[PDB]
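The following structure: WIN 51711 with Capsid protein VP1.
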Amino acid sequence: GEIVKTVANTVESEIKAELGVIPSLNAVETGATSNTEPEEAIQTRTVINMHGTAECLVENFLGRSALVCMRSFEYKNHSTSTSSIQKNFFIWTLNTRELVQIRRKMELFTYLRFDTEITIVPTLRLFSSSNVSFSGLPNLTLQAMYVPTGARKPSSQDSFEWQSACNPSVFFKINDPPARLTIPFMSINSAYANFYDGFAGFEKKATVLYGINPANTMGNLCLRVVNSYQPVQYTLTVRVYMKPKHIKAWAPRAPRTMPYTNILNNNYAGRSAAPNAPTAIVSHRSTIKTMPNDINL
Amino acid sequence: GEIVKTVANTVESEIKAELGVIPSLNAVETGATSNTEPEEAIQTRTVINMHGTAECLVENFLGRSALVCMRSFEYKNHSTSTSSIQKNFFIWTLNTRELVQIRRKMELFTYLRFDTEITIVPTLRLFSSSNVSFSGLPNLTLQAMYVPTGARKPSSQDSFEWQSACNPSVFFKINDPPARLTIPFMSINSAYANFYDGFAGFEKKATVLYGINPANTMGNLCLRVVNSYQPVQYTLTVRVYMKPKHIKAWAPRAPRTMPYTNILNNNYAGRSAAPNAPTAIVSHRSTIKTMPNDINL
Amino acid sequence: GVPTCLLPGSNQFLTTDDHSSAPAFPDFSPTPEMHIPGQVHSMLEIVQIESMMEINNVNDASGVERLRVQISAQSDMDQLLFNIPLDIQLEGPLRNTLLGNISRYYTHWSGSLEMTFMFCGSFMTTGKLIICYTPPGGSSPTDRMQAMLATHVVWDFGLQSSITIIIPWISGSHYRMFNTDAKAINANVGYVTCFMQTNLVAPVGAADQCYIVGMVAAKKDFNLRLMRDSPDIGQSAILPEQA
Amino acid sequence: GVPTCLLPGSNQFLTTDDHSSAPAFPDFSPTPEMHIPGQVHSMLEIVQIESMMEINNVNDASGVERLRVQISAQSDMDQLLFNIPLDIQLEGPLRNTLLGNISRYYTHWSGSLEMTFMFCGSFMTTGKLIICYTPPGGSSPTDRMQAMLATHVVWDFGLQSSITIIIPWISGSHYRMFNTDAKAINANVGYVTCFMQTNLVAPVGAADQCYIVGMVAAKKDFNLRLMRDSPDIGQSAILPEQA
Amino acid sequence: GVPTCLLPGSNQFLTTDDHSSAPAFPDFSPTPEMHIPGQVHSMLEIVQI
Amino acid sequence: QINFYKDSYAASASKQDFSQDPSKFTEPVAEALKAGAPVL
Amino acid sequence: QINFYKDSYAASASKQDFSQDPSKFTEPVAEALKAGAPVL
Amino acid sequence: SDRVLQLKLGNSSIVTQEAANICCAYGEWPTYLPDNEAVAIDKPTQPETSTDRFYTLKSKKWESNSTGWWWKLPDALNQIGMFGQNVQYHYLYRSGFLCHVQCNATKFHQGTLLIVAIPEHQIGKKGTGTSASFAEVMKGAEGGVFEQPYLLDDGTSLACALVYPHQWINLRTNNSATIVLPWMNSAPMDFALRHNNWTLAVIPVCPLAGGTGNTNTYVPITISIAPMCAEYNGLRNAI
Amino acid sequence: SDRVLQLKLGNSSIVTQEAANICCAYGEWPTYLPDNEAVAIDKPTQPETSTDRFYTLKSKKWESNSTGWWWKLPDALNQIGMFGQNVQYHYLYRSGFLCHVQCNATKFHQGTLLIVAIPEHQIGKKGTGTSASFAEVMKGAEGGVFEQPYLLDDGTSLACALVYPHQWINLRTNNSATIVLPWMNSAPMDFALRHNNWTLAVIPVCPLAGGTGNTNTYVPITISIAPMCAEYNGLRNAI
Ligand SMILES: Cc1cc(CCCCCCCOc2ccc(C3=NCCO3)cc2)on1
Ligand SMILES: Cc1cc(CCCCCCCOc2ccc(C3=NCCO3)cc2)on1
């Protein structure tokens, strides 16, 4: 382990014709990457590089705010002849696999440990009814409460699990800056696992799904409109952005090539034709001797 | 009294066969909790724990903002042929027993001393009339004034007890951040008492209710809409959240098991069936030898 | 003025924030502190106290019968007496305990536990029991043949009327979850079984049928995290001043 | 109060900001770190690992045939074997590589690359190849007459079954773009060609037709800038818990 | 600019707050104090009469 | 504790105090019971 | 790192660490392969 | 140190033979009120021998279906001797209490009593919204009877009643219990006729039983309470 | 140092002649769990010679159309010898694995095998939303067969499979491969019957072939796995 502020420099070289020295020849069967340096592989000069490597760090690779949730729900009167349930709220079943870009950057590494900064951005619209008139959006109050594993799940807008006596909750308005807070590293293990080659339960039944981690029970995020229902119908879209910090990564993975189909597992259906086809990840070319982008003069 | 930054460590042990030494045997008739250490009760290894205990402190157990009040009232024209009273306000009769979660966490200890941070979150709605049109919520001004014991209680929105020449009052808008302030420890005694086994008056009549503390006369909270009535009817819901700070707790209680029925006393009706039934706090199982969650292979 | 930019998270009300606030009563003089016995500094001090548990939680026992357990003079040998699940989150004997009630405010727990069983027979009643904690992974032991292989303590009645068994922290992960799925790996703790070792022997003058009282507590290495609203108590409306 | 003016950029949510935020769980105690092998500190450590590439990316090869290249005993001399474009941004052999996949998250790249070719014939099979990197500016070389003039390495099969050619950083600008126009000056890197040097000779008992496996990686002087959402993976709707 | 977040209790008017305020009359010169008999410093001095 | 205001009770959450005396609830006996010995 | 809040995990992005050990992925061999020599 | 014990206060002296130990509530011993914590300015009266002595209350029979009994302090002693007289002639009071519970049974008998001192014990009645009346709460030395010992008549659990200072009388090894209680109030003193600090509750966890010759054995339970460090302020006429 | 190698663990000793080198996963050697990282408090059992030894699994024939094979650890050894017995009698386990792959062919044969140790390898099935069943995943020492070695049965790429520790068996210069794997878990220990840390996958990159007299040569591939630094905690009955 050595400190690399800038990439390696290049030193000047001369003619090299020596017996028993073969830098260009390598034995990749040993599993070791070829160590042939450019300096004595070819005829080089002296080059000094000031190019920084800070942006290539995992700190900057992952510590960048990415969308992980987007729920849209109706804010209206949901009462009926006998309903008594407002249902102006949503639950998320906390996870980080619904958005493919952030999911792929999670799964570039086997193990990740980080404290995450969470930003909530709400947006409002009016539903287009037969007779609707818009001249402004109300400044509604929204409560986002984290419900940990095994705690009560609110069943309605008017439910009394929204007291948040112990459950952390954040109150914010539409016109206020988007809500922001920080979740510490909250895994029962020493790191989050993007893959779990096993089962989360002791059972041998088909109910226990393969690949479920008995450490990914992150809990739930219950978001509600604090204001009661309005005379006219609205729609609220909440976007939750996740930003890792204080990141350590372990055992880099093979990058995902096929589109994700669900969040429970890493199954894939493949695309109809290349690229990223079942039998064809890279698109076809004419032959191995044709150049697809030939510069012809 | 010793400082406990992290939980106790474990030391390695060997075979123990000595006469006259019986760590596993205890005399709980003395009222003392069994002191049998895991190290010499079983065969243990050396384990060093870095697990912090800060979140298990009473400071963090109680110093967490919890809902203690929620009043909803109509903001409209309440005048009639001869009323002359606007009545666009509410009184609370200050207490901390209307919400069961915060009440239970209060009553986990006999005595509590703390300075409380109070947050007021208002929300507006339009009443759904026969002909109502909504395109925005007004930015109303609200005055929340604490009226101590024996002081005047305002009788209307236009009443003149809202001068607040000595009574502390806070003015805040709907669109502004929720109001926040701090009440110091204001008991005539050295601590708040969650239970009072006695009567608050010298009388022997039935009017003096048992369990009323002659130190819980906290006063009143009078909240008003400063703006006069609008041409159309609104509804205001005010939520008051209470957060203890600088907390000392004395004489821990037995946790409450039955649902509360009122705020004047700790009477209970019990739930129809187990769990938390009058005769059955914990739900039934088949027999004492059956396992309700058996893992069958 | 000072250059300033409002970051995201401004104008928000977080119920877990830690900030100073404007004092409503300026220059107020609080009552001086008076020494009161029994001051509590941590929640971990109360989970270490003994607390009886409802082993007899069957639909035949009403009230105090549920805190006490049948013990019989046996006409057979090697018979199982009673079982104890260790699912604090779910409905079991360990929920209505100081340890259970306090830890159910939290989501993650760690550390070894202890169980004390007190014999409440007659002075002339003798007996031998074996109490076994079995780590999870399989089914509950039904015969002493399989129960002896796990952690166990042999209790002989005498001058000391109570025995203590330590349930050690045997877990791959640092912490365990109070998950509604008690059957999962992160939530399952293990099994507790009681087997008669030799027999329960009482003379003719003494009552033949005796009782065990079970109690559970935590040790010095117990830890809790992610405190939550407990499902112990509920509410459907604001509590009035009436019935 | 303190004089204050809100500058432009207040009340904005920038996804690349670096500011402290309110902790949602006060005084939370995280799990202590445990040593795990294979800790990664920089993305540049993974682009330096070998990674096979799809040289045989034609509409006749299905799966693993695309990671391996036909090599023939020739009835002629000086014949071209295969070509390798160096357009990481566009659809080519170098995209599905560790170097390619990681660098496609970035927009600008710099530094020399390396290619290792491993011969997978029989021990009695002998042969000589020449691998030439040609700097951009003209057409791809078709004859060894023009290919020998650019950078090249002569590979002779033997005990060492793999050869390494360094593609040096020959660019006027400090960095190069992963531009969709691979034909532009800022994006074009050059050409890679393989020519038989003498022949591929195998005995009668040995298989006449052998294979080369090609691999590409970066050197110590490799740099990346302006990281971007990769076009590798797409999404049309929120991923459900179903098919 | 300086990183800043508006806490709850911002934009509120508390009648018992203790903060400095903008002077409406800049560089105003008040009348010098003159000794007046019977100065009161505490309310507790009058309950003792 | 930062306490931007004049009154001390207006400060934030008090500085952490980890002093623990479980004995007052776990061994509230006048005669101390020594570990590893018959406690009668 | 400025960390205006009490908890340390509430701080901003961690201070830059440029330590690089590519060998663990590039030369994970018990016997070190010397450069410029037949590696067999 | 042994299972024997002698408690000698004033003219009273209780000797016990099958005891366990002395339980001091929260690890404290009752003491006189110091100056820094005093509120009343007139001198309190401190009659040591006349009040700090054992008062024996009227016994209860332990039945097979007994639910339990409770005595509220200082209500149990408010009508007895110099302690009661000083309570009647004075407004403010302060004293700790040493409680000793007697229960004698043969070695062939089985049964277990939990003797728990609950501080500030608010009785909550069940199936009604009305608070408990003065007659039901203030019972004097004659004591009270538990409706629901399973719930401690509070809505709480008897299982979790071990936070409070407590003793077990197990007939195998005990016949007497001793608990020492210091002052329990948020105030230095209080009014005795309207408030009780402590509630001593004896709950039979395991029923009394005998085999074939010891059934229906009349076994009484006796309560002896000794005030300690009693101070009284505010002398006036009796009420 | 040379192409020869001897691995002697316990009673087992493997000598290889046409080897390349020893690949240590991420440049680490398996070690026993230290105190500062331990979680379980009872002593773990450490049977050195009885468990830390080479177990030889059942061989597979290398065909011209072979797609590849995979063995999940410690599932492959969960049914074998003292390692399997200690896994069955214990809840928690921890061990590294030394994997040795044998493949013998003549100098006239050609072919290349990639032996890759993938950590935490979640198998993703193709053309279905249903997760893989217990039967398909937990295969024991009998092993598994790759549907899509091109995708590693993960949706990933075989081309990018060189991040994982790996060996090449090239018939020109190799007949044996050796990879050493330390503990791979976010936790110090785990449950063996429900989770696998490592997956050893042998994928034929270049098909086995011969010229005019060496076609259809029956060439087996053998797997020998040696646990190292095995600890077990939580003694109980077998399951
Ligand atoms: C792999 C892997 C990685 C992880 C980390 C998941 C944590 C980040 C998910 C997004 C967090 O979502 C939250 C949103 C809001 C709140 C919040 N708490 C108090 C009020 O709202 C908490 C979490 O889990 N598995
Ligand atoms: C037990 C026990 C504990 C207590 C403490 C109760 C105090 C906290 C109750 C909530 C405070 O409610 C207030 C709300 C607003 C204001 C305020 N004062 C100036 C303007 O509004 C004051 C109190 O009382 N009994």
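We name chains A, B, ... by the order of the sequence lines, and we start the count at 1 in each one. So how was this one determined? The header says electron microscopy, 2.7 Å. Portion of entry displayed, and contacts counted within that portion, nowhere else. Values reported hereafter were calculated over all heavy atoms of this structure, with side chains retained and with hydrogens, waters and symmetry mates removed. Indexing begins at 1, ligand by ligand and atom by atom, following the structure's order.
- Under a 4.0 Å heavy-atom cut-off, the other chains found next to WIN 51711 (ligand 1) are A.
- The binding site of WIN 51711 (ligand 1) (heavy atoms under 4.0 Å) is made of A:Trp92, A:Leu94, A:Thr96, A:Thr116, A:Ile118, A:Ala144, A:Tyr146, A:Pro168, A:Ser169, A:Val170, A:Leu181, A:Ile183, A:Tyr192, A:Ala193, A:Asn194, A:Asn216, A:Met218, A:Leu221.
- Summary of contacts: the protein heavy atom closest to atom 25 (N) of WIN 51711 (ligand 1) is A:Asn216 OD1, 3.9 Å.
- At the top of the distance list for atom 1 (C) of WIN 51711 (ligand 1), counting protein heavy atoms only, stands A:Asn194 OD1, 3.4 Å.
- Set against the non-hydrogen atoms of A:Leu181, the atoms of WIN 51711 (ligand 1) under 4.0 Å away are 17 (C), 19 (C), 20 (C), 21 (O).
- For atom 20 (C) of WIN 51711 (ligand 1), the nearest protein heavy atom (residue, atom name, distance) is A:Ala144 O, 3.2 Å.
- What the entry calls chain D is Capsid protein VP3.
- Nearest protein heavy-atom neighbour of atom 24 (O) of WIN 51711 (ligand 1): A:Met218 SD, 3.6 Å.
- Of all atoms in WIN 51711 (ligand 1), numbered sequentially from 1 with element shown, those under 4.0 Å from a heavy atom of A:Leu94 are 9 (C), 10 (C), 11 (C), 12 (O), 13 (C).
- Nearest protein heavy-atom contact of atom 23 (C) of WIN 51711 (ligand 1) is A:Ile183 CG1, 3.7 Å.
- The shortest contact between atom 3 (C) of WIN 51711 (ligand 1) and any protein heavy atom is with A:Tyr192 CG, 3.6 Å.
- Atoms of WIN 51711 (ligand 1) found under 4.0 Å from any heavy atom of A:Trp92, numbered from 1 in the order shown, are 10 (C), 12 (O).
- Taking atom 6 (C) of WIN 51711 (ligand 1) as the reference point, the nearest protein heavy-atom neighbour is A:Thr96 CG2, 3.8 Å.
- Taking atom 7 (C) of WIN 51711 (ligand 1) as the reference point, the nearest protein heavy-atom neighbour is A:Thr116 CG2, 4.1 Å.
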